[PDB]
Each structure stands twice: as C-alpha cells, then as structure tokens.
Visitor: 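For reference, this is Pol protein solved together with entecavir triphosphate.
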Amino acid sequence: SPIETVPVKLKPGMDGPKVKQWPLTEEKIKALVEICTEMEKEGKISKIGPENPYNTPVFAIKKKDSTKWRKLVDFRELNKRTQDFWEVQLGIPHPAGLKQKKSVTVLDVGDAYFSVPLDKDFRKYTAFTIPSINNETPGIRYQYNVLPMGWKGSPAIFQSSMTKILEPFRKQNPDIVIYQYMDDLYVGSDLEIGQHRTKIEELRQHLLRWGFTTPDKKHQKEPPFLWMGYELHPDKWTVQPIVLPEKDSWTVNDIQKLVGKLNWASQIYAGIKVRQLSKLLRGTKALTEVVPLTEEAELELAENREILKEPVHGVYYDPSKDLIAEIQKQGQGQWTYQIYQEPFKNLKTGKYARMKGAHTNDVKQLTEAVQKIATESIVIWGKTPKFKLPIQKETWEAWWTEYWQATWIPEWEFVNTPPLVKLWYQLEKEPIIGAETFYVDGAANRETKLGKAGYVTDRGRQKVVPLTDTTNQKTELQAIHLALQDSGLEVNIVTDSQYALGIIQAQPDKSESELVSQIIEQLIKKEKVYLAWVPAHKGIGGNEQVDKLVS
Amino acid sequence: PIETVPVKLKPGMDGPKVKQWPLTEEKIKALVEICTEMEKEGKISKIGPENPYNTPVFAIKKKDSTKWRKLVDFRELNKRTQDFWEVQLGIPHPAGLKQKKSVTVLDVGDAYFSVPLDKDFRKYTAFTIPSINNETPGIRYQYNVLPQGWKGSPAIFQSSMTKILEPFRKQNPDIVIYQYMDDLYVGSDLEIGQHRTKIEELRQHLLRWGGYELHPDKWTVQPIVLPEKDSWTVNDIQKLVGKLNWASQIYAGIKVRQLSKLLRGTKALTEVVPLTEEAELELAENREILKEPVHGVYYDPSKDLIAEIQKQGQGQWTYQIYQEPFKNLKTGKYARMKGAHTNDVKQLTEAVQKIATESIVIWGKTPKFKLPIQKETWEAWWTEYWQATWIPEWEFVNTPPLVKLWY
DNA sequence: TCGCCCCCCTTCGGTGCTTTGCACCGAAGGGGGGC
Ligand SMILES: C=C1[C@H](COP(=O)(O)OP(=O)(O)OP(=O)(O)O)[C@@H](O)C[C@@H]1n1cnc2c(=O)nc(N)[nH]c21
Ligand SMILES: OC[C@H]1O[C@@](CO)(O[C@H]2O[C@H](CO)[C@@H](O)[C@H](O)[C@H]2O)[C@@H](O)[C@@H]1O
Ligand SMILES: [Mg+2]
C-alpha cells in the first residue's frame, strides 16, 4: 500500500471512456453490490457520483482455485486511450536455467494488483457504474483506488513496484536466488533448512510492511514445487501433464489447439513433429470447418502420442560444465534438438521447423536451427553451447567457400546420426569439356499470359515449347527445366536470367514452387552442370539465336 | 550546474521504441556494474514503465583495453533527433585528415558526462538491462547528461571541446583533429614513435581538464581488372563481354562489338577462339579506360554515403562507396590478417568497421551499408566482434554475383 | 466479453527493383504456456 504512485497519462487529445454496463439483472447487480462492498471497506474502490462522466463495464471469472472469483473490467476502450508503457517483462524463466539449490520455497502475493495504489489523478477514468435494478433507477458507481485487473498499465506498474520492494532484500542477500514472475516468487538458497526458513520469514515480513501478503495457501515448503507450469523436484523437473484432444471429427480450431500443445510439449519431449498437422491448417476458411486428417497427419499424431506416453524429465543447470546442443534432421524442413551437459540427461529439448523463404536448402536451415538454439541458450544460461551437428566438415567447408553470403557456425563437432545434412549437387566452376552447350531463353508477354521457353545447342539441337498462364521469370526457369530435361548427365547451360541464375546458384534442395522443385530434382540427377550468364539483347553467341527462336 | 540546451525531435516523430535483445552473462554483469556506478554519480536515473521509450544496450571490449565499454545503440534516436546544422552547432570536416601518415582514434565520450541534458529530452534515452533466464524484469535507466552515442552530444559539447583543444592545436599546427561522435581522429605526418608520444601528450591534456592507429596514406583503390591470357575460350569471351557491358554503366566509351562478333554462331563453351587484331585493339582500349578513375564523380555533402561489400573468398572483401549508383567515390579491397581465417561473420564485421572508419576520415561520416549476409546470421554474432563506439546504418541484401566484377 | 509476457504456424499487405511478379519482412490472425 504505502508504495509511491506511478504517474500515468491518457494519450494526447483523448478523453476517458464513456460506455455502458451489461446484462442487467437482480442476481447480477446484487452480486455486484456484494462484490464491491468489501473492496470499498478495504479502500480498494470508492463510490462516485454523476459529476464523473466516465464509465466502463465489469464482469467476473473463476480462479485456478475454482471457488474464488476474479473481478475483471472490460477496459478495452480505456486501454486504447491510455499512454503506452515499456514492458519490463522481457521473457519467461525456464526450469532448465535453474541451478540445484539446497533449500527451495515458492510464495505468491495475495490480491497482488489490489495492493498497489493507482495514480490519484487517473482514478476518475476507471469509473464503472453498476445499475440500479435492471435499469429502473439511477445506479451505483465506483472508481478504482488500486491497479485494476484488465487495465493495460496494471501489469507493468505492479512489476515495477514488486521490483522496488524486493530490491533491498536482494542486495542484502545476494546468495539467495529470487525468481520474480509477476507476484510469484521462487526463492532458492544453499543455507540449511532452518536458516533458509528464517530468511523466508524475514522476506515475508518485509513484503508485509509494504502491504504484500503471502497467504499460507500459496506458500510451498516441500517438493514437488508447482512453478510456472512445472514440477520442481530436487534432482529433476517435469512439465505438468499435457492432455491432447482425442476427437473423432476435427475442426480447424481443434487442430490449432493440438499443434499448440505439441509445441509446448516439445520443450522436454524429444522428437515432436507438427509439420503434417499444421499443413491441415493451410488454405482453410473457418475455425469451425471440419478438416479430415490426412494419412500423414494421423501418422505424425500417432508418433507424437507414442513419445508423450513415455515419462520424461529435465535436469538443472550446472555452471561448471559445458552446455552441449545436438541436432537431428527429421525431414521436410523439420529439426529437433536436445541440450545437455552429461549424456542422456537433457536440460531441455526443442524443435525448429520454420520455412524461411521460397527456396532454401538443408544447410541454410541447419544454420537457422543453430541460430535459434544460440539465442535461446543465451536467454536461459547466458552463454552459447557447443554443437553436435549431423553435417560433415567437408560439406560445411564446401558450402561456405562457394556461397556468396557470409555465413558461420560456432564451435561444433560432427556427429554421425543419419540422415546427414549435405549439399545435393554443386555447380561446376568451369565449363565441362565434351558436354553439350545449351543456350536457353524464355519470354512471356505481360498482357497476354502467354510465353515460350526453348533452347539452341552447339550440337544442332533446338526446341521451343509454348506456355500459358505464365510470367517472365517462370518462362526462364521453364527454359532451364527444358535443357536439363533434354541433356545428358553433363551439360553446359547459358541463360540471360539473373533471376533464375540467382536461385539455382544458391543450391536449393527444396522450394515452395513446383517448377523450381522439378529443376532441383533434375539437378540432383546430373553428374556435372555448368551454368553461365550473359546479358540479353547483345547479339551474343548462342544467346542471340535462341532469343531469335522464342520470338 | 550549467544551463541546459533545449532539444527537440524532428516534427511529427516520436522517441525510439526498440526492444532489448538477449545478452550473455558477462555483458550483463559488465552493464550492471557500469550502470550502478553511473547511477551513483548521477549520470543516469532509475525509471519505471510509464516511460514508453527504449533503446538497446550492449557492451564491447577493445582487444587492447580489456575493460568493458557500454554501448547504447542510439541509431534510432539520432535519426529522430533535430539537426544541428540549424542551430549552427554542427562540426566541419578537415580535408587534411586523410593525407596524414598516421591517424589515431581516441574515445573521448566520457567528456560528455559533465554537461547536463535538457530535462524534457531525457525520457527519450531510456534503456533496459536484461536478466539471465528472466529471473527479474528488465532494469530501466535514462540519462541526465549528454549520452555517449547520441548525435546531439558532440553538437552541444562542441564549444567546450574547442576550448580544451585550442592550446594543443595551437602548439601543434600540423596535427589534424576531427571529432566524430564520441571519437577524436588524430592525424600527423610524423614518424611512428613521436606520433604516439604526442598522442600521449594529447591524452594527459584531456585528462587534465577532465589508441588505434590508421595509415590513410596507404589506403588504395582497387579498379576493375580484365584477365590476361594468350588463348581464349568462348566462355572466357562471354565472361569478358558481360563484365565490360556492366562496366559501361560506370565508364565512358567502352565497346564490345569486336569481341562480341568473335562469338557469332552457337559454339561449345570450351571452343578456343583466336582474337582478331581488331578485338585485341578493342580490349586494350577498354583495359585502360578501366585503368584510370572516372571523370565527373564528386562528393556531395548533402547526400548520404552508401557502401556495398562482396565476399570474394580466402578472406578477401571488395567494396564500393557511392552516393549515386555507378558513380563510385571509392572502390577497395579489404583483407584480414588474423591468420585464423575461419569466420565469415567476424571478417565482415571488421570489414564494416574499417570501411566506416575510412569514410569518417575521408568525408566525416559513415555510409549506410548493404551487407551480403542474412539478417538473422548477422544479428546472431556481429556484436561479438564490434569495437567501435559508433554504429553505422545497414540493411541486408542477397545479390548473387553475376560477373566477378571487382576481383 | 479483461490485462501484460514468451513460443510456433499461417496469412496478409507494404516495399523496392535499371520489376510488371517476386522475394523479403513486419504485423496480426489462430494456438500453446505463465501470472
Ligand atoms: C498476475 C496477476 C496478479 C497475480 O496473479 P494471481 O493469480 O496470484 O492473482 P492474485 O494474486 O490477485 O490473487 P491471489 O490472492 O489468489 O493470489 C493478479 O493480481 C492480477 C494479474 N492477473 C492474473 N491473472 C489475470 C487475468 O486473467 N487478467 C488480468 N487482468 N490480470 C491477471
Ligand atoms: O539489424 C537491424 C535491426 O536492428 C535494429 C535494432 O534492434 O535496428 C537498428 O538497426 C537498423 C539498421 O541500420 C536501424 O535502422 C535502426 O535505427 C537501429 O535501431 C532493429 O530495429 C532492426 O530489426
Ligand atoms: Mg497472488
């Protein structure tokens, strides 16, 4: 309570909210009158009258306890008009980031937001009117004196207050670890249990002088500790049980729920896959649209169900040992990883399955995975792990010397866990002696929709194919497709398309485009391909002739 | 105890709102130790979340000085800050700096901390220290003095800097001093040992009121080169014609009609084609147009500088600096000498600092970089190799190399 | 019929190019989880 208030503003030129309250009932507004009478006696709210011109509607929901109710005010209108805040919650603590502690306690602050006072000048904007009796008569009105649940400033101002209150105790007790998440306090120490409990009593008293109760109901003294959705044992931690929907008929919304649960599960359950289930979400048009599971999605779901029936645990972090991150390839741009320090004792797991860009390859995606893990390791442990990667040193070497963009992977050692990551073909650096030379070209008419793709060769071969519903860039890809299709295992190709050369030179092994996928498949079957560029419309070599022909 | 200078953002612009990225343990520890002392000394104040602005913070170590230096990335704040050519507080650039034998960079940013900052502008300088595994919410500060890295600080401190330097420059009229942001660039034509001694006299002169050694003399231009052979494939001549066709966007009077005609028909790429006397004349013509600089290319101080970099392999990096396309003010070749040879991202980060450093010496400002790298790869690693107290503008490009133009 | 934070997967729409579609990327929709 005696905390100093945090001054807050409406956005410039804006007034407070002026809406109306809902469904207006004897039951509801007598429950309303009861709800607030105790808040007013506590001083959390104050009666107001009609010279306050503002209003906002109110409701309530049940708590995790599930006998208690949670008062909420639909402050959406007020929130849009309230000044912005810089949020101080930067992320979510993870149990794999905890070190083993001799003594552990978990506490929660009671009625946390309602213990922090609201800026006196701002209170008038939190007005809610509770009507009279089913809209017969004038109506009862209150304003908040404390942080309302539902106001966009409340979580930041509470966190900032909690930080200031804890600060003296933290500096005074730097060997006590306090994880502070909203009003939830994890307290770990290496003191004997008797001293530990004495330090806790001190902390509780300090919180109380500043008006933060710590009710016994939410004061955990023994393992397993329920914390942030996990269970903290002395040597290990588990996720609280994940139950997946078991529908016979699946809506889009059902699938979205399932994929979300699997992603949450993937932090500790190794090898989770969601590509085929997520595919079902594409191109659909309503959350209630029934979606039949494909065969692949059923298989993927059954595989994850097997994984989830086995129990798993993570361990805690030991700073005096190395972090190790191992990655495996699962197919179709899916990757899975584990982070550990001792073999077969995972701190956590995870997965990387994002499709970045229209055209890419496994080496790029492995590089992306490595970067995702590197970011998460810094968040959780403050450092980068050593990597174990299913890619040969020669393969990586081949990649970063040919590829024109700068790229890098930190300290890593090869691990032979097939399938390995590899380059699926490599363009020749010099023209191939004895190979046919194809001069390719494609053109489309911007208005028409219509185009041509064709080639001309030093061995006298030539060909033109007509194309409908195409583009300039597609006919060029198409022209390359044609040369690869009609040529031997070694071929020299010369195009004037910087676009097409750009895609192919990056050595993609997969693409959102069926045409580029076919070209990739053709490139993988060749023995040697040299691909060269010349500027168009310069009357050069074979280029002029093939140009000649697709006209 | 000085009157503050009133400062505004540019019309219709709000302060910066940039998220703090994750930091390693040792950078976080360094920042909290640095910021705790700054707070005690009143240079920064603890603030709450009712301040809606933020700018990312991190830390570096120069390899020679193994104490951490806090670096706030005020690039967004500087773009939104009023110009100071209007209040006549901008800094001219001396054209003599780039003609010096040796140029030493000194970090003088600490001088700014003795001048207070406009009460109404400090909210725009907020930054947030993160915490390992999100043990606690971020910790927020704002500046009460002119911050390091803010473009306004050299402008406001300038009259002060002039006074402090006037005696030294008076006594050393052939030494050149140019201030850029937190840095002083110190150039002289003196032998290496005596240059360094006057560097140290400089230092103690500063310390009293309140080193990284360049040789611009030996920056060179790397022009476009045409290969020289005695037997030429169809492929070579195609490669040669495409290079010259591109170079004709830059150079005047470059012809390809003689070399192009050598390729009439549909020929094997490996067929060797003898050069007609005329084609040999056309190539020797082109060769020495490319020999000498382009005529008509002048620096315009009212336009931005832009820099492009190409990775060439085996630790070599080519770059061009321009303001209008194909009107290069400078073309060059960066090469690293660390011998380790292992890290593309490190090399590129060092190439960027070197190029930006050269631009500061030559023109007085840094270019906006077009970086041949994925955004997310650069952002995973670049701060591990940064050693400058400034940060240039940049963007990320993926341009395949059509012709190997610059190598 | 609420708030703030992180994560993933999909969709949409703005940007800039010696383009006429294409690739890139940020924002916002859905979901998971925390308090
Ligand atoms: C984190 C929060 C504090 C501690 O969350 P909490 O679960 O411990 O609740 P509180 O301490 O108040 O009551 P308690 O005595 O049972 O501990 C609460 O004040 C309010 C906030 N919070 C939580 N959930 C919600 C929600 O859905 N909508 C809103 N607008 N705010 C919410
Ligand atoms: O790398 C771009 C990336 O960096 C951020 C800061 O997190 O922006 C900085 O870099 C940009 C490129 O020069 C500047 O325009 C910007 O002002 C500066 O803060 C991110 O905003 C951006 O995604
Ligand atoms: Mg509570």
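In what follows, chains are A, B, ... by sequence order, proteins preceding strands, each numbered from 1. Order of appearance sets the numbers: ligands from 1, and atoms from 1 within every ligand. Keep in mind that the numbers below use all heavy atoms, side chains included, and drop hydrogens, waters and symmetry copies.
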Visitor: Enumerate the ligands or chains that make up entecavir triphosphate.
Guide: ligand 1
Visitor: Write down the other chains that contact entecavir triphosphate with heavy atoms under 4.0 Å.
Guide: A, C
Visitor: Heavy atoms only: which of A:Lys71, A:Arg70, A:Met182 is nearest to atom 22 (N) of entecavir triphosphate?
Guide: A:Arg70
Visitor: Can you confirm, on distance only, whether entecavir triphosphate has an N/O atom lying under 3.5 Å from any N/O atom belonging to A:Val109?
Guide: yes
Visitor: Counting non-hydrogen protein atoms only, what is the nearest one to atom 3 (C) of entecavir triphosphate? Give residue, atom name and distance.
Guide: A:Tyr113 CE1, 3.7 Å
Visitor: From the options A:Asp65, A:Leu72, A:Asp111, select the one whose nearest heavy atom is closest to atom 28 (N) of entecavir triphosphate.
Guide: A:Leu72
Visitor: Should the proximity of A:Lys64 to entecavir triphosphate, defined as any heavy atom under 4.0 Å, be assigned to the side chain, the backbone, both, or neither?
Guide: neither
Visitor: For A:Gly150 and entecavir triphosphate, does the shortest N/O to N/O distance drop below 3.5 Å?
Guide: yes
Visitor: Give the residue, atom name and distance (to 0.1 Å) of the protein heavy atom nearest atom 12 (O) of entecavir triphosphate.
Guide: A:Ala112 N, 3.3 Å
Visitor: For entecavir triphosphate, which atoms sit closer than 4.0 Å to a heavy atom of A:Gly110?
Guide: 15 (O)
Visitor: Considering the heavy atoms of A:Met149, write down every atom of entecavir triphosphate situated less than 4.0 Å from one of them.
Guide: 20 (C), 30 (N)
Visitor: Name every other ligand or ion with an atom closer than 4.0 Å to entecavir triphosphate.
Guide: ligand 3 (magnesium ion)
Visitor: How does A:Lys63 reach entecavir triphosphate, if at all, at less than 4.0 Å between non-hydrogen atoms: by side chain, backbone, both, or neither?
Guide: side chain
Visitor: How does the deposit identify DNA chain C by name?
Guide: 38-MER DNA aptamer
Visitor: Can you list the atoms of entecavir triphosphate that are under 4.0 Å from a heavy atom of A:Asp108?
Guide: 8 (O), 11 (O), 17 (O)
Visitor: Tell me, which protein residue and heavy-atom name are nearest atom 11 (O) of entecavir triphosphate, and how many Å apart are they?
Guide: A:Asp183 OD2, 2.7 Å
Visitor: Pull out every atom of entecavir triphosphate sitting under 4.0 Å from any heavy atom of A:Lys218, numbered as shown with elements.
Guide: 8 (O), 14 (P), 16 (O), 17 (O)
Visitor: Mind listing the residues near entecavir triphosphate? I'm using heavy atoms under 4.0 Å.
Guide: A:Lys63, A:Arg70, A:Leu72, A:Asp108, A:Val109, A:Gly110, A:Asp111, A:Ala112, A:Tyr113, A:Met149, A:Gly150, A:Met182, A:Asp183, A:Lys218, C:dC2, C:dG3, C:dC35
